[PDB]
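Lettering of chains follows the sequences in order, A, B, ..., and the numbering in each one begins at 1. All ligand and atom numbering here is 1-based and tracks the order in the structure. Looks like X-ray crystallography, 2.3 Å, at least that's what the header says. Note: hydrogens, waters and symmetry copies are ignored here, and every other heavy atom, side chains too, is used.
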Number of protein chains: 2
Amino acid sequence: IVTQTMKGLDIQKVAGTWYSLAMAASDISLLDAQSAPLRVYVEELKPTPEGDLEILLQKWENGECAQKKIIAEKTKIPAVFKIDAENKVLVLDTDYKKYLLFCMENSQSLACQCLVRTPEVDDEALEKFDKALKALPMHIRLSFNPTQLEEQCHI
Amino acid sequence: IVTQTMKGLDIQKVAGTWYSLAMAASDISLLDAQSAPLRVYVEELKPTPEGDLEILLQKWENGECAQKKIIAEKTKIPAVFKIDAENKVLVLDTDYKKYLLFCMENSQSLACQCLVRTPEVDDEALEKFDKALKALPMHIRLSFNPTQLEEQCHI
Ligand SMILES: CCCCOc1ccc(OCCCN2CCOCC2)cc1
Ligand SMILES: CCCCOc1ccc(OCCCN2CCOCC2)cc1
């Protein structure tokens with residue numbers, strides 16, 4: 001369903017600190033509550049030397065903001081990785097220095113994010129995210145202010 | 001804060017059947033859950049002869065989809081009405097035959113909607129709603145498919 005990907009992705013250069021500035025999803029129920037399944041906040045991305053991608057994130061479950069770690073295994077397409085359960089991650093676009101657009105999907109369920117390096121509202125990167133999105137059937141879209149970004153689980 | 005209004009509003013011609021196709025709000029907490037305070041679905045608008053506006057809507061409270069009725073009292077500006085508690089309703093735009101854009105606000109808390117006559121996705125009217133919105137600090141946006149539109153409380 002998502003037919004936008006980044007050409008030439010250097011997976012090593014996305015390592016380190018990120019902020020989930022915005023999130024959208026095909027179904028309201030995937031992002032609606034604090035503990036919605038795809039309301040996940042990205043802390044940091046760790047690409048192994050052999051080209052896999054470890055993701056550190058945060059996730060409200062049972063009243064608490066928990067850390068989580070997950071490995072997204074590489075594929076033959078450099079902009080596409082696999083998490084196990086089945087789930088595909090796709091990198092749509094990034095300039096490495098400021099923003100990164102990604103989506104995750106199954107086999108028409110879908111959630112995408114605007115990751116940014118610093119705790120600021122980047123209008124430019126939200127435009128691009130909004131453009132990449134109009135091509136997709138989203139029904140819920142959220143965004144966070146600089147205060148919430150510095151908080152665990154964006155409270 | 002919202003500085004868009006409709007010139008020449010004929011309040012009588014908005015009477016009757018409407019569908020809340022989309023909703024946006026300044027704070028996630030105003031629309032996030034089924035029972036969020038501004039997650040209100042519009043059923044029908046009844047403009048009195050003396051220019052006031054009765055609103056029939058639906059609202060999930062305590063496990064059930066309840067009907068509600070409210071009166072929005074007129075003002076000297078024909079595109080602005082008052083509900084009592086304090087709350088201002090503003091009509092931003094409408095073509096009467098298909099769509100109506102409105103916002104409601106207090107004294108920087110804000111929620112807006114794309115109302116449409118029929119249970120269809122009107123891309124045109126969602127554009128306009130999205131344009132009217134970029135001028136505003138929204139942090140949550142939702143939209144409903146034709147099935148959910150025919151259901152009480154859009155389930
Ligand atoms: C290159 C882009 C990196 C972002 O990739 C993802 C980050 C988080 C994801 O969320 C997976 C959901 C994690 N679950 C939380 C609770 O259930 C178990 C794991 C998926 C991809
Ligand atoms: C001309 C546009 C008509 C839409 O106007 C409104 C429709 C619903 C509104 O919602 C008011 C919130 C209703 N509350 C629900 C639970 O608390 C008590 C009333 C406000 C304006």
**Prompt:** Looking at ligand 2, what drug do you see?
**Reply:** pramocaine
**Chief binding partner for pramocaine (ligand 2) by contacts (from UniProt)** = Beta-lactoglobulin
**Prompt:** Under a 4.0 Å cut-off, which other chains come into heavy-atom contact with pramocaine (ligand 2)?
**Reply:** B
**Asked** Should one rank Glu61(B), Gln58(B), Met104(B) by closest heavy-atom distance to atom 16 (C) of pramocaine (ligand 2), which comes out on top?
**Response** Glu61(B)
**Asked** atom 19 (C) of pramocaine (ligand 2): which protein heavy atom is closest, and how many Å away?
**Response** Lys68(B) NZ, 4.3 Å
**Message:** Any protein heavy-atom neighbour for atom 14 (N) of pramocaine (ligand 2) (distance below 4.0 angstrom)?
**Reply:** no
**Item:** Nearest-contact summary for atom 7 (C) of pramocaine (ligand 2) - protein heavy atom, Å
**Value:** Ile55(B) CG2, 3.7 Å
**Request:** Just go through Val91(B), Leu38(B), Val40(B), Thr94(B) and tell me whose heavy atom is the nearest to atom 10 (O) of pramocaine (ligand 2).
**Result:** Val40(B)
**Message:** If the cut-off is 4.0 Å to any non-hydrogen atom of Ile83(B), which atoms of pramocaine (ligand 2) fall inside it?
**Reply:** 20 (C), 21 (C)
**Message:** Within pramocaine (ligand 2), which atoms have a heavy atom of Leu53(B) less than 4.0 Å away?
**Reply:** 1 (C)
**Asked** Of all the atoms in pramocaine (ligand 2), which lie at a distance below 4.0 Å from a heavy atom belonging to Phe102(B)?
**Response** 2 (C), 4 (C), 5 (O), 6 (C)
**Prompt:** Which atoms of pramocaine (ligand 2) sit under 4.0 Å from any heavy atom of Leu45(B)?
**Reply:** 3 (C)
**Prompt:** Which atoms of pramocaine (ligand 2) are found less than 4.0 Å from any heavy atom of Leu57(B)?
**Reply:** 8 (C)
**Asked** Can you tell me the protein heavy atom closest to atom 21 (C) of pramocaine (ligand 2) and the distance?
**Response** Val89(B) CG2, 3.5 Å
**Asked** For atom 11 (C) of pramocaine (ligand 2), what is the nearest protein heavy atom, given as residue, atom name and distance?
**Response** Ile70(B) CD1, 3.8 Å
**Prompt:** Which residues would you count as binding pramocaine (ligand 2), with heavy atoms within 4.0 Å?
**Reply:** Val40(B), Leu45(B), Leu53(B), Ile55(B), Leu57(B), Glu61(B), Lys68(B), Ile70(B), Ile83(B), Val89(B), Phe102(B), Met104(B)
